[PDB]
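Structure (with pexmetinib).
Residues: numbered from 1 along the sequence shown. Remember, it's 1-based here, ligands and their atoms both numbered in the order they're listed. This deposition comes from X-ray crystallography, 2.0 Å. Hydrogens, waters and symmetry mates play no part in the numbers below; they use all other heavy atoms, side chains included.
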Amino acid sequence: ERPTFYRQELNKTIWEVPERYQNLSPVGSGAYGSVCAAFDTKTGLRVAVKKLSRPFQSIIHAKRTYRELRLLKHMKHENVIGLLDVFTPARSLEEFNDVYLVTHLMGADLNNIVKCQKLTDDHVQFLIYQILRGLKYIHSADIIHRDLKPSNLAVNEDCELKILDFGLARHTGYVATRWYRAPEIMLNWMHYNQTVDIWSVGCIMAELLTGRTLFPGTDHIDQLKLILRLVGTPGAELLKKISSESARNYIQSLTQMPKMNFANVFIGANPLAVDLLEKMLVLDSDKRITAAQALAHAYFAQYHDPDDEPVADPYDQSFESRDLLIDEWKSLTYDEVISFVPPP
Ligand SMILES: Cc1ccc(-n2nc(C(C)(C)C)cc2NC(=O)NCc2cc(F)ccc2Oc2ccc3c(cnn3CCO)c2)cc1
C-alpha cells in the first residue's frame with residue numbers, strides 16, 4: 001500500500017516523502033542531491049534521507065543513481081551504511097523522476113566527534129578498527145571507496161562507526177577529498193588497487209592521533225609536495241611502475257626528498273600505532289598493507305576477531321560495462337526501487 005506523502009521545501013529542495021518521516025532538517029547539500037535528518041515515527045528512530053537531484057537528467061547521473069542504489073542494497077555490514085528504505089512519490093515508471101534513500105542516522109561525523117570527545121589511544125584503536133573492518137567487507141565486494149575522509153564516516157556517541165559516501169560533490173567544516181587521496185590515484189600514475197583506501201585510513205588515523213590534517217594540500221601539486229615531504233620521493237623501483245609517462249616525467253623532475261622516520265614525527269604515540277601508520281602510508285601500493293592484514297596488526301589486539309570480520313556476498317557489477325540510454329538506466333533503477341525489501 002502506497003503511504004500518504006507530504007511535500008515540503010527545505011533549503012530550496014522540495015521534499016516529497018511518506019508521512020512516517022517527520023521533522024526533516026538539513027544535513028548536507030550539493031550538486032548531486034541533499035541529505036536531511038528526520039524522525040521515523042514508525043520505529044521511533046532518527047534516520048537520514050538522501051534525495052538525488054534530478055537523477056535521470058543525464059546518462060552520468062542516471063548511471064550514478066543506479067550504482068548507488070545497487071550498492072546500498074547490497075551492503076549488509078555493521079560498519080557500512082545500509083539501506084532502511086528507498087521510495088519514490090511516483091506511482092508508475094512514467095512519472096518516476098525522484099529517488100529517496102533512507103538509513104539509520106548516526107550522531108555525527110568523525111570531525112564532529114573530535115570537537116566533542118577527547119580521543120585517547122583506545123578510542124583511536126576502536127575507530128580505526130571499525131573503518132578497516134568495514135573496508136575489508138567493501139573491498140571483498142570488489143569495490144573501492146575512493147573518497148574516504150572524516151566527513152564520510154558516521155559515528156555515534158558510543159564511538160560506533162559506519163562508512164558511507166555522501167556523494168554530493170561539495171566544494172568550499174569542509175573536508176577536501178584530496179587531503180586523504182593516495183598519490184597514485186590523485187595523479188593518475190598507474191592502474192591503482194584497493195589500497196588507495198588504506199592510504200586514506202592512514203591519513204585519518206594520523207589526524208586522530210595528532211589533531212591535525214596530515215596532508216592539507218591546497219591543490220594536487222601542493223598535495224604531492226606535502227606527501228613526499230613525509231614519505232620521500234619514489235625510488236627507482238616505484239618510478240618504473242608509474243606507467244603514465246607524463247606522471248613519471250613530472251615525478252622524476254622533482255628534487256629528491258628523504259623518507260622521514262615516523263617515530264620522530266608522531267611523538268608520543270603508541271609505537272604500534274606508528275608501526276601501522278608506516279605500513280599504510282607506503283608510497284608503493286604493491287607494498288601497502290591491506291584491510292585484512294591491517295586488522296591482524298597488533299595495534300588492534302583488543303578488538304581483532306578473525307571469525308567476526310565478515311566478507312560480502314558476491315556483488316554483480318556487470319552493469320558497469322553497459323552503455324545504456326537514460327531511460328534504460330531509469331527503468332533498471334525503478335525495478336530496484338520496486339524490488340526493495342526492508343531488513344527485518
Ligand atoms: C554515485 C554513488 C554515490 C554514493 C555511493 N555510496 N557508496 C557507499 C559505500 C558502500 C562505498 C560506502 C555508500 C554510498 N552512498 C551513501 O553513503 N549515501 C549516503 C546516504 C544514503 C542514504 F540512504 C541515506 C542517507 C545518506 O547520507 C547520509 C549522510 C550522513 C549520515 C548518514 C547517516 N548518519 N550520518 C551522519 C550524520 O548523522 C547518511 C555509491 C555510488
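- Most-contacted chain for pexmetinib (ligand 1) in this structure, per the PDB entry: Mitogen-activated protein kinase 14.
- In this structure, the binding site of pexmetinib (ligand 1) at 4.0 Å (heavy atoms) is formed by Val35, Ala48, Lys50, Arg64, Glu68, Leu71, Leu72, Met75, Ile81, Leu83, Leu101, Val102, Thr103, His104, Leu105, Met106, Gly107, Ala108, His145, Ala154, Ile163, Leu164, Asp165, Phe166.
- The distance from pexmetinib (ligand 1) to the heavy atoms of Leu83 drops below 4.0 Å at these ligand atoms: 23 (F).
- Residue contact check: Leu71 has heavy atoms under 4.0 Å from atoms 7 (N), 10 (C), 11 (C) of pexmetinib (ligand 1).
- The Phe166 neighbourhood of pexmetinib (ligand 1) comprises atoms 29 (C), 30 (C), with distances under 4.0 Å to a heavy atom of that residue.
- Interface of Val35 with pexmetinib (ligand 1), defined as ligand atoms under 4.0 Å from a residue heavy atom, comprises 27 (O), 28 (C), 29 (C).
- For pexmetinib (ligand 1) and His104, the ligand atoms under 4.0 Å from any heavy atom of the residue are 33 (C), 34 (N).
- From pexmetinib (ligand 1), the nearest residue that UniProt flags as active site in chain A, along with the heavy-atom distance to 1 Å, is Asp165, 3 Å.
- In the vicinity of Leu101, heavy-atom distances shorter than 4.0 Å reach the pexmetinib (ligand 1) atoms 22 (C), 23 (F), 24 (C).
- Annotation for pexmetinib (ligand 1): atoms under 4.0 Å from non-hydrogen atoms of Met75 are 10 (C).
- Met106 O, 3.5 Å is the protein heavy atom nearest to atom 37 (C) of pexmetinib (ligand 1).
- Entry annotation: chain A, source organism Homo sapiens.
- Ranking protein heavy atoms by distance to atom 18 (N) of pexmetinib (ligand 1), first place goes to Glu68 OE2, 3.0 Å.
- Of the residues of chain A in contact with pexmetinib (ligand 1), the majority fall within UniProt domain Protein kinase.
- Per UniProt, the ATP-binding residues of chain A include some within 4.0 Å of pexmetinib (ligand 1) by heavy atom, namely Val35, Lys50.
- Closest to atom 21 (C) of pexmetinib (ligand 1) among all protein heavy atoms lies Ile81 CD1, 3.6 Å.
- Listed by number with element, the atoms of pexmetinib (ligand 1) under 4.0 angstrom from any heavy atom of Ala154 are 34 (N), 35 (N), 36 (C).
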